[PDB]
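Sequential numbering from 1 along the given sequence is applied to the chain's residues. Start at 1 and go down the list; that is how both ligands and their atoms are numbered. Atoms considered below: every heavy atom in the structure, side chains included; atoms not considered: hydrogens, waters and symmetry mates. Header entry for method reads X-ray crystallography, 2.1 Å.
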Amino acid sequence: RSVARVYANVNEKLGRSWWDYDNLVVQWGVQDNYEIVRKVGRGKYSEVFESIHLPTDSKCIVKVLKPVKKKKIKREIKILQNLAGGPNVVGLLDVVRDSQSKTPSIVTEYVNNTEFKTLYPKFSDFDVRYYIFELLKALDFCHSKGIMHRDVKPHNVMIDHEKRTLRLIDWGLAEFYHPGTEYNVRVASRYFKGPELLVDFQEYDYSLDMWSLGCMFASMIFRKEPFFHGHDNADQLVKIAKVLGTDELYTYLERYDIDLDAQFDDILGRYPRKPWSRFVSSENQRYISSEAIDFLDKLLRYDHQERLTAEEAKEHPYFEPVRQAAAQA
Ligand SMILES: O=C(O)c1ccc2c(c1)nc(Nc1cccc(Cl)c1)c1ccncc12
């Protein structure tokens with residue numbers, strides 16, 4: 001049915017040794033070369049600890065993984081190996097496991113993040129352009145390697161504001177794109193879920209990540225976190241519909257032959273498109289420009305095939321100051 005409009009054939013060209021994570025053989029490192037110092041975070045899927053690589057006395061992260069499905073371990077490790085050297089992708093340092101339990105751990109680089117709720121309001125207009133551009137380099141890189149992140153959100157984007165460095169982290173939901181594959185629609189955080197996930201459209205692609213980027217960008221320039229605040233998955237679609245409008249939703253549904261679940265009959269009304277300018281306020285207007293609105297408009301589309309590619313997104317006039325400043329060094 002639907003096929004990605006860029007990078008559709010990447011996994012075809014690279015072959016089984018790139019994407020066949022089921023047959024991954026890990027060359028496990030020495031667990032005793034690492035010392036766990038302090039827990040920094042817990043996920044649904046993991047626990048993250050500040051650690052030391054003892055031989056070099058260097059600071060690093062140990063991410064202990066306990067998913068009920070083992071192939072999710074292999075998938076995360078294969079993608080992290082494949083993205084080696086990628087710009088702004090979190091660096092894999094090692095993979096180790098407990099000798100008795102066989103519980104695996106991923107070792108990554110440590111990043112001194114400032115939490116996004118503190119960090120995002122301190123950004124200038126230029127900072128938003130700059131960090132979105134850096135995030136675009138990581139998404140263009142993984143898409144060009146046949147990989148969808150599927151969990152793009154502020155929590156998975158680590159920024160060292162002092163060093164002006166960015167890392168896209170937590171590749172645990174990431175997956176290889178294979179033309180015509182039916183993917184699980186139970187991916188991403190509710191506020192960052194694309195319409196395709198909300199209406200059970202399974203033939204999605206890299207363009208899912210561009211919707212999620214659009215939700216992050218909206219929250220940064222309008223200072224509303226999260227931008228689409230649904231109380232549940234059905235409500236998430238209503239919140240989107242109350243901004244993009246029900247007219248563009250219905251042609252999209254017709255275009256991809258999607259039938260809405262009967263649950264939407266009572267809760268989904270007819271809404272006109274709310275123009276982007278209505279979200280402009282005294283507090284957020286320092287982020288706002290016609291280039292910014294134009295950029296956001298071209299990310300937040302129902303139709304995944306209408307959204308900018310990460311590569312098109314880097315060519316947008318919004319990033320002209322960032323491209324100019326980079327050209328000065
Ligand atoms: O998943 C990864 O690849 C992943 C990779 C690197 C980090 C991480 C998650 N989580 C961090 N912190 C964090 C903060 C709150 C909750 C959770 Cl679970 C974790 C963190 C901190 C400093 N440097 C690197 C990381």
Visitor: Specify the drug or drug candidate at ligand 1.
Guide: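 Its PDB name is silmitasertib.
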Visitor: Just trying to sort out this structure - which chain has the greatest number of contacts to silmitasertib, name per the PDB entry?
Guide: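 With more contacts than any other chain, that's CMGC/CK2 protein kinase.
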Visitor: Tabulate residues with any non-hydrogen atom nearer than 4.0 Å to silmitasertib.
Guide: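 Sure - by heavy atoms, that gives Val40, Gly41, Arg42, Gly43, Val48, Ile61, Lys63, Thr108, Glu109, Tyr110, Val111, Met158, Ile169, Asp170.
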Visitor: Considering the heavy atoms of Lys63, write down every atom of silmitasertib situated less than 4.0 Å from one of them.
Guide: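 Counting atoms of silmitasertib from 1, those under 4.0 Å from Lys63 are 1 (O), 2 (C), 3 (O).
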Visitor: Give me the nearest non-hydrogen protein atom to atom 8 (C) of silmitasertib as residue plus atom name, then the distance to 0.1 Å.
Guide: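 Atom 8 (C) of silmitasertib sits closest to the protein heavy atom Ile169 CD1, 3.8 Å.
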Visitor: So for silmitasertib, is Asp170 a polar contact partner (N or O within less than 3.5 Å, distance only)?
Guide: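 Yes.
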Visitor: Pull out every atom of silmitasertib sitting under 4.0 Å from any heavy atom of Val40, numbered as shown with elements.
Guide: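 The list of qualifying atoms is 12 (N), 14 (C).
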Visitor: Identify, for atom 25 (C) of silmitasertib, the protein heavy atom at the shortest distance, and state residue, atom and that distance.
Guide: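 For atom 25 (C) of silmitasertib, the nearest protein heavy atom comes out as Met158 SD, 3.5 Å.
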Visitor: Side chain or backbone, does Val111 bring an N or O within less than 3.5 Å of an N or O on silmitasertib?
Guide: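 Yes, there is a polar N/O contact under 3.5 Å.
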Visitor: What's the shortest distance from atom 10 (N) of silmitasertib to any protein heavy atom, and which residue and atom give it?
Guide: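 Its nearest protein heavy-atom neighbour is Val48 CG1, 3.7 Å.
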Visitor: Hey, which atoms in silmitasertib end up nearer than 4.0 Å to a heavy atom of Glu109?
Guide: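 The list of qualifying atoms is 24 (C).
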Visitor: Any nitrogen or oxygen of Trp171, main chain or side chain, under 3.5 Å from a nitrogen or oxygen of silmitasertib?
Guide: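 No; the residue has no nitrogen or oxygen that sits under 3.5 Å from a nitrogen or oxygen of the ligand.
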Visitor: Using a 4.0 Å cut-off to any heavy atom of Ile61, which atoms of silmitasertib qualify?
Guide: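 Here the atoms of silmitasertib in question are 23 (N), 24 (C), 25 (C).
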Visitor: Please list, in number order, the atoms of silmitasertib under 4.0 Å from a heavy atom of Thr108.
Guide: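 Answer for silmitasertib: 5 (C), 6 (C).
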Visitor: Counting from 1, what silmitasertib atoms have a heavy atom of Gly43 closer than 4.0 Å?
Guide: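 Counting atoms of silmitasertib from 1, those under 4.0 Å from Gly43 are 18 (Cl).
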